[PDB]
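To start, the structure under review is shown below, and the notes come after it.
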Amino acid sequence: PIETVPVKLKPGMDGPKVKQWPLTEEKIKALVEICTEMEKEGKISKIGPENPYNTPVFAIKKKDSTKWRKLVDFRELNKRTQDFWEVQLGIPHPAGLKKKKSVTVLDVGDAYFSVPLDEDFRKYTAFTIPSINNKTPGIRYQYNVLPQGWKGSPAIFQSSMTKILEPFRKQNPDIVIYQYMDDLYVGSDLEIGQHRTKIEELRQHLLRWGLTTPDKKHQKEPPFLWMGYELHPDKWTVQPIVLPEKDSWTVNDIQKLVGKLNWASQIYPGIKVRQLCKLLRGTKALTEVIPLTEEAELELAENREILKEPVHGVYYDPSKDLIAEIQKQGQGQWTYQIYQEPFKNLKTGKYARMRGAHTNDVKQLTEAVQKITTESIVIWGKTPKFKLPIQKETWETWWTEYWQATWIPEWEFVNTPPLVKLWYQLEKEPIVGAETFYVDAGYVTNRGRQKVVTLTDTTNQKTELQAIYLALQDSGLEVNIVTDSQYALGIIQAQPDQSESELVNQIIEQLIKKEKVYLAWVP
Amino acid sequence: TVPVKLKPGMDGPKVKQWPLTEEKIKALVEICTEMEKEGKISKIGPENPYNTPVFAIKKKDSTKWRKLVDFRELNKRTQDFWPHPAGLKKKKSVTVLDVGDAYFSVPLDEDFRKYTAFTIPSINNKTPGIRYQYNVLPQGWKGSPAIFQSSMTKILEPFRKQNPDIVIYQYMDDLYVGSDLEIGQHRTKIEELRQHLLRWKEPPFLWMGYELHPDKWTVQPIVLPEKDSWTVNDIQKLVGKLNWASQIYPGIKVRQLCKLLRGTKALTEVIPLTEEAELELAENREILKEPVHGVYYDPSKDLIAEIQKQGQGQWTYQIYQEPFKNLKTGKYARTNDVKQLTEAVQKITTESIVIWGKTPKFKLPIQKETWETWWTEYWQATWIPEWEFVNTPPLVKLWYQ
Ligand SMILES: Cc1ccnc2c1NC(=O)c1cccnc1N2C1CC1
Ligand SMILES: [Mg+2]
C-alpha cells in the first residue's frame, strides 16, 4: 500500500466544528446504508464521542433511481487545511506530442477511495449521521482515505498515481503515459495486438492497488476530445467549429464568435476577426443587436470558408528542426506557422499585441519573435530557426539605433512581401541649407517665417506634437527641427511607423515624405 | 544542525519556475539525480507547497554544467544573522574561487529543509515535474555562508597567519583572494590555497581564473565635446548637457554660452566663441574633471546600478544610492546585445561586491521576457542580483558618452 502523506491544519487554526443540519428519515436511512458499507470497506471508521470535530454531510439523488449519493461539505475543513503543491496547472499542447500508432485512455474509478489518509489528520474529517430515534445519538465517523471534496485529495492522489506508475514505466520505456485528473492516456508504437496487451498489463497493475479501469469493449476510441482539441494518435485539430447562420447578431453572439474564431487560429491559418471585432465599438448591452457591415460580412464568409475544410496538425518529430515563419498580415497584424517538414504544420498562430502607444514593424516583428520563442520552449523545449521578411541589414540598422537591448536567435531572410522596413530615419546631424524651425502652439523659423494657432480640447503634450507637426507641413524636403519637448522627441526618436493618435500618424506621414529630417532638443 | 528560521511572521517562498530548454533540463536531471544519490537533496511530496526556481548554467574552462538555484526570495525571507575588508579594493590583484561545495558537508535544520523546495520542470507539461528539497546547506542560500563561517575561519586559520600579506574575503559561495604579489608569485599563492582548501572536487576559479586588478577601477567623469569650430547645434547640445550636470556641480555656468545663442539662427551656422564664453567653458571643464565632493556610501541604503546602451557594443553604468549622488560610474565594451548586458551586470556586481560587499539592484534596459529567456545562456556568477526592467530616456544616455 502506498505511502502516507503528512497533512496539517494551517498555523494556529483548529479542526472544523460545524453542526450536522437536520436530515429526513428517508435521508438518514440511505446514508447509514452508504456509510455502513463504507465502514466495511475500511474507507471510514466509527469513532468515540471524544472527537469534538464535525463536518456536515447531506444526500443527493443521482438522477437514476431512488438510491442516494453521499455528499460531504468540506468548505470549513478546506479553509483550515494547509496548502499543497498545486495540481497540474499547465497542460500539454497537442503540437508538442510525438505521434504514436495507438493511444488508449483509461478512466480510474474510486480514485480517492483507494488512497490512505494521514492518521493524525483523520480526526478532522469527522462527520455525523443523525439517528432517527429521538432520544438516541447519531453515529460519528472519520475518514481513513482521501475524501472526495477535500483540498489535498487531488494533489495527494496524483502524487500516488505517479508513484504507482513508476515501476510500469521503467519496465516499459517504450510506452508513454499522461495523467490528467482521473484519466490516463497511454500510447505506444507497438503493433495493434501488442498494444492492447500492454494496456491489459497496466490495468492489472492499477487494479493491484484497487484501482479499476474500463476494458477494451468500454474504452473510448480516438479521436479523443480534450481541452478543446480533437486528438488522434497521428494528428490533432481543434474540435469542430460551427459558424452560426443568421442576420440578427447581438454583442453576445459577436463576442462568442470572436472567441471561437480566436481558438481556431492556432491551426487554421487565415482567420480574421478585425471587422467582426469593430462591431463591438460603443455597444451598450450584451443583447444589443449590431448590423454586420459589408466588410464584417465579407470577413465572416471567408472564415466560414476556411472552417469548411478541416485542416489537421502534425505531431512533433524530435529528430527534425523546428521552423518558424512570420508574415505581416496587415497593420499591427502578424501570423506565424511552425513546422518541421516543409509546409506540414505542427501549429500556426497570430500576434496582434502592441506594446506601447507607438511602434514600428521592426519592434513588433521582434516581439512576435520573442513571443514565439517563449512558446516554443514551452512546447518543444528548444527554439525554432526563424524565416523572417526583414533583411539582415534593416534589422541590424534599427538594432544599433535603439536604446533597449534585444536578441534574435538563428534567422534567415525570406523574400516574401510585404517585407518589413523602416519608412524613414532621422539625420544624425543638422542639415545645411535646410531651414530651421524653432517650435514651442506655434513656431519661428531662421528664415523669418512663423505661425501661431490656438487649440481647443488639447492636452499639454499633444500641443507639443502639433507644433512639430505644423513645421513638417510648412517646411520643404529637408528640415531641421528644434524643440524643448523631451516627450515628442522620444516618440519621434523611436521612429514609429504606427500610432494610436492620428496626430502622430499625420506626423509620420510627413516624416516618410522628407528627404532629410533632423530633430533636436533644447531645455 | 543549527535552528534557522524565516524572519518572524513570514512564510516560505512560492516562486514560479521559468520554462527551461530540454538541454538545461537534461543537465539538471543528471545533476540532481547524483545529489540525491549522495543524500544532498531528497524527492518531496505534495505536502510541500513551496518553490524556488532553478537553472543550469555553463562553467567556464570546464565542460560541466552548474546548477544555479535562485534563492533570492528565500534569502529575503531568511532571518538576519548575528566584516568587510576596506583593503580588498586597495589590493593590486584579486582572484575569485568557487568554494560553494564546502557546504555539502553540513546538514540543514530539518524544519527549514522544506523552504528549499525546487522543481525540475518537464517539456510541455508531459509529466508533473520532479520536486526536491535540500538536506545539506544549499549553495546560494544566505544562511549557508553564515552557518559555515566558523568552520571556515577554523580552516582559513593557517593560510591567514602563513600569508598575512594576502587578504581573503568570502561572499556567499565566492572567496576573494587579494594580494599585490607578482602575477606568477600570485597565481602560485592561489594554487597553494587550492591545495590547502582541497585538504578539507577542487575549488575552481571563477571569472576565467583571472584576476581583477581593483586598483584600475576608475570613475568616468562627464566629458564635454572638444571641437574646432562650434555650430549653433554643438553649442545647444553643450548647454543642455551643462544645464543637466549643473544639478550636480552647481559651479557650472552657461550664461555666457547662452549668449552665443540669442535669436533664431541656423543650426549649422558656425559661431566663434567670445572670450568671456571660452573662459566659462574651460572652467566648466575643470569642474567636471573629478566626481562631486561629499558623496559617501551609506551602509544602510541599497545600491542602485543603472545601465545604458551606447550602441556599437558599448554600455555605460552608474552606481549610486541617491539620485545624481553617484558612488561610481563606468563603461563596458565588446556577441550580441543580451550577452553583453549580462556580462556587464556580473562585472558591476563583482566590483560592487569587492568595493562594498553587497550586490546592487540593477535597472535593466530590456524586456523581461527577452531577459528571462537568454540570461542563463551567458551567466556564470554563483549569485544573482536583484533587478527590474526599464525604459531609459534619450537625454540621460546622451549625457554620458
Ligand atoms: C491528452 C494527451 C496529453 C499528453 N499526451 C497524450 C495525450 N493524448 C493523446 O491522445 C496523444 C495523441 C498522440 C500522441 N500522444 C498522445 N498522448 C500520449 C500519452 C500517449
Ligand atoms: Mg524652443
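Chains: lettered A, B, ... by order of sequence lines. Using the numbering of the PDB entry, the residues shown for chain A are 4-443, 455-537, in order. Using the numbering of the PDB entry, the residues shown for chain B are 7-88, 95-212, 223-356, 362-428, in order. The figures that follow rest on heavy atoms only: side chains count, while hydrogens, waters and symmetry mates do not. Order of listing sets the numbers, starting from 1, for every ligand and every atom in it.
- Lab note: most contacts to ligand 1 come from the chain the PDB entry lists as Reverse transcriptase/ribonuclease H.
- The name recorded for the drug at ligand 1 is nevirapine.
- Contact chains for nevirapine (ligand 1) (heavy atom under 4.0 Å, other chains only): A.
- In terms of protein heavy-atom proximity, atom 12 (C) of nevirapine (ligand 1) is nearest to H235(A) O, 3.2 Å.
- The part of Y318(A) lying near nevirapine (ligand 1) is the side chain, judged by heavy-atom distances below 4.0 Å.
- The closest approach between any non-hydrogen atom of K138(B) and nevirapine (ligand 1) is not below 4.0 Å.
- Note on nevirapine (ligand 1): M230(A) sits outside its first shell, no heavy atom being nearer than 4.0 Å.
- Nearest non-hydrogen protein atom to atom 2 (C) of nevirapine (ligand 1) is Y181(A) CD2, 3.8 Å.
- When only non-hydrogen protein atoms are considered, atom 14 (C) of nevirapine (ligand 1) lies nearest to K101(A) O, 3.3 Å.
- Contact annotation for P236(A) and nevirapine (ligand 1): only backbone heavy atoms (N, CA, C, O) come within less than 4.0 Å of the ligand.
- Both the backbone and the side chain of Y188(A) come within contact range of nevirapine (ligand 1), each with a heavy atom under 4.0 Å.
- Looking from atom 10 (O) of nevirapine (ligand 1) to the surrounding protein, the closest heavy atom is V106(A) CG1, 3.3 Å.
- Within nevirapine (ligand 1), the atoms closer than 4.0 Å to a non-hydrogen atom of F227(A) are 10 (O), numbered from 1 in the order shown.
- Here the protein heavy atom with the shortest distance to atom 6 (C) of nevirapine (ligand 1) is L100(A) CD1, 3.9 Å.
- Protein heavy atom nearest atom 20 (C) of nevirapine (ligand 1), with residue, atom name and distance: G190(A) N, 3.4 Å.
- Looking only at protein heavy atoms, the nearest one to atom 18 (C) of nevirapine (ligand 1) is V179(A) CG1, 4.0 Å.
- The closest protein non-hydrogen atom to atom 1 (C) of nevirapine (ligand 1) is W229(A) CD2, 3.7 Å.
- Binding site of nevirapine (ligand 1) at 4.0 Å (heavy atoms): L100(A), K101(A), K103(A), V106(A), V179(A), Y181(A), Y188(A), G190(A), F227(A), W229(A), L234(A), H235(A), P236(A), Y318(A).
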